[PDB]
Asks: 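Before we start, here is the structure in question, set down as structure tokens.
We number each residue from 1, following the sequence as shown. Per deposition record, X-ray crystallography, 2.2 Å. Both counts, for ligands and for their atoms, begin at 1 and track the order of listing.
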Amino acid sequence: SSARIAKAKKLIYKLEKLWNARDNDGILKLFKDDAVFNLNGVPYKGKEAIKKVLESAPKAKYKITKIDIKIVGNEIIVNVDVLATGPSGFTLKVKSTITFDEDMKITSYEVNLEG
Ligand SMILES: COc1ccc(-n2nc(C(N)=O)c3c2C(=O)N(c2ccc(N4CCCCC4=O)cc2)CC3)cc1
């Protein structure tokens, strides 16, 4: 249970590298096959749907600035404050809520782009 908190912290920084590397194949492997990707209010359920959003994600570099890990039941809730940089230098304070289960696989992944 304590290792799960540490595993979650490492998987967040791993996700940051995969996102900036556009390793969409690797990103999916941490996802449960029936996970939900809530992209600013629009949920995308299923590996095939989460995928299509990954390769359609805009060209952007991400830097983690704050990580909060909460435990609710048997699920690891990770709230990540991210700064997303576009090629034009446009910077947006985005927020992500990632949920892990016992298998350390992502069950829910919500990206908030409003602020
Ligand atoms: C320049 O400003 C922007 C604005 C919007 C967008 N934008 N567009 C989409 C889309 N229309 O698909 C998505 C994003 C985004 O910001 N996404 C993301 C959010 C957060 C993370 N990170 C960082 C690593 C660890 C935690 C974590 O969750 C990784 C990717 C994916 C989706 C980009 C740039």
Asks: According to the PDB, which drug is present at ligand 1?
Replies: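 It is the drug apixaban.
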Asks: Identify the main binding partner of apixaban here and report its name as listed in the PDB entry.
Replies: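 Most heavy-atom pairs under 4.5 Å are with De novo design apixaban-binding protein: apx1049.
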Asks: Which of the atoms of apixaban are close to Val82, meaning less than 4.0 Å from one of its heavy atoms?
Replies: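 Numbered from 1, apixaban contributes 22 (N), 23 (C), 26 (C), 27 (C).
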Asks: Any heavy atom of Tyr109 sitting closer than 4.0 Å to apixaban?
Replies: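 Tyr109: in contact with apixaban (<4.0 Å).
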Asks: Minimum distance, heavy atoms only, to atom 12 (O) of apixaban: which one of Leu39, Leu15, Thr97 is it?
Replies: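 Among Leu39, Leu15, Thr97, the closest heavy atom to atom 12 (O) of apixaban comes from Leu39.
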Asks: Give the atom numbers and elements of apixaban that come within less than 4.0 Å of a heavy atom of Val111.
Replies: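 In order of numbering, the contacting atoms are 19 (C).
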Asks: Backbone or side chain, does any N or O of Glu16 fall under 3.5 Å from an N or O of apixaban?
Replies: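 No, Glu16 has no N/O under 3.5 Å of an N/O on apixaban.
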Asks: Give the contacting part of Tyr62 toward apixaban: side chain, backbone, both or neither, where contact means a heavy-atom distance below 4.0 Å.
Replies: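 Side chain only; the backbone of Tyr62 stays clear of apixaban.
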Asks: Numbering the atoms of apixaban from 1, which are under 4.0 Å from a heavy atom of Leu92?
Replies: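 Those atoms are 2 (O), 4 (C).
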Asks: Going by the order shown, which atoms of apixaban are within less than 4.0 Å of some heavy atom of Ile12?
Replies: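 Taking each heavy atom of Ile12 in turn, apixaban has 25 (C) under 4.0 Å.
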Asks: Select one of side chain, backbone, both or neither to describe which atoms of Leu113 lie under 4.0 Å from any atom of apixaban, heavy atoms only.
Replies: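 The answer is the side chain of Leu113.
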Asks: Would you say apixaban has an N or O under 3.5 Å from any N or O of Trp19?
Replies: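 Between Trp19 and apixaban (N or O atoms, distance only) the closest approach is not under 3.5 Å.
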Asks: Below 4.0 Å, non-hydrogen atoms only: which portion of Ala84 touches apixaban? Side chain, backbone, both or neither.
Replies: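 Answer for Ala84: both.
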Asks: Below 4.0 angstrom from a heavy atom of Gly86, which apixaban atoms are there? Numbered from 1 as shown, please.
Replies: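 What qualifies from apixaban is 1 (C).
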Asks: Which chain residues come within 4.0 Å of apixaban, judged by heavy atoms?
Replies: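 The heavy-atom site around apixaban is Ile12, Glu16, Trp19, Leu39, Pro58, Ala60, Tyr62, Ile64, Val80, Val82, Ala84, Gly86, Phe90, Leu92, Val94, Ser96, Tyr109, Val111, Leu113.
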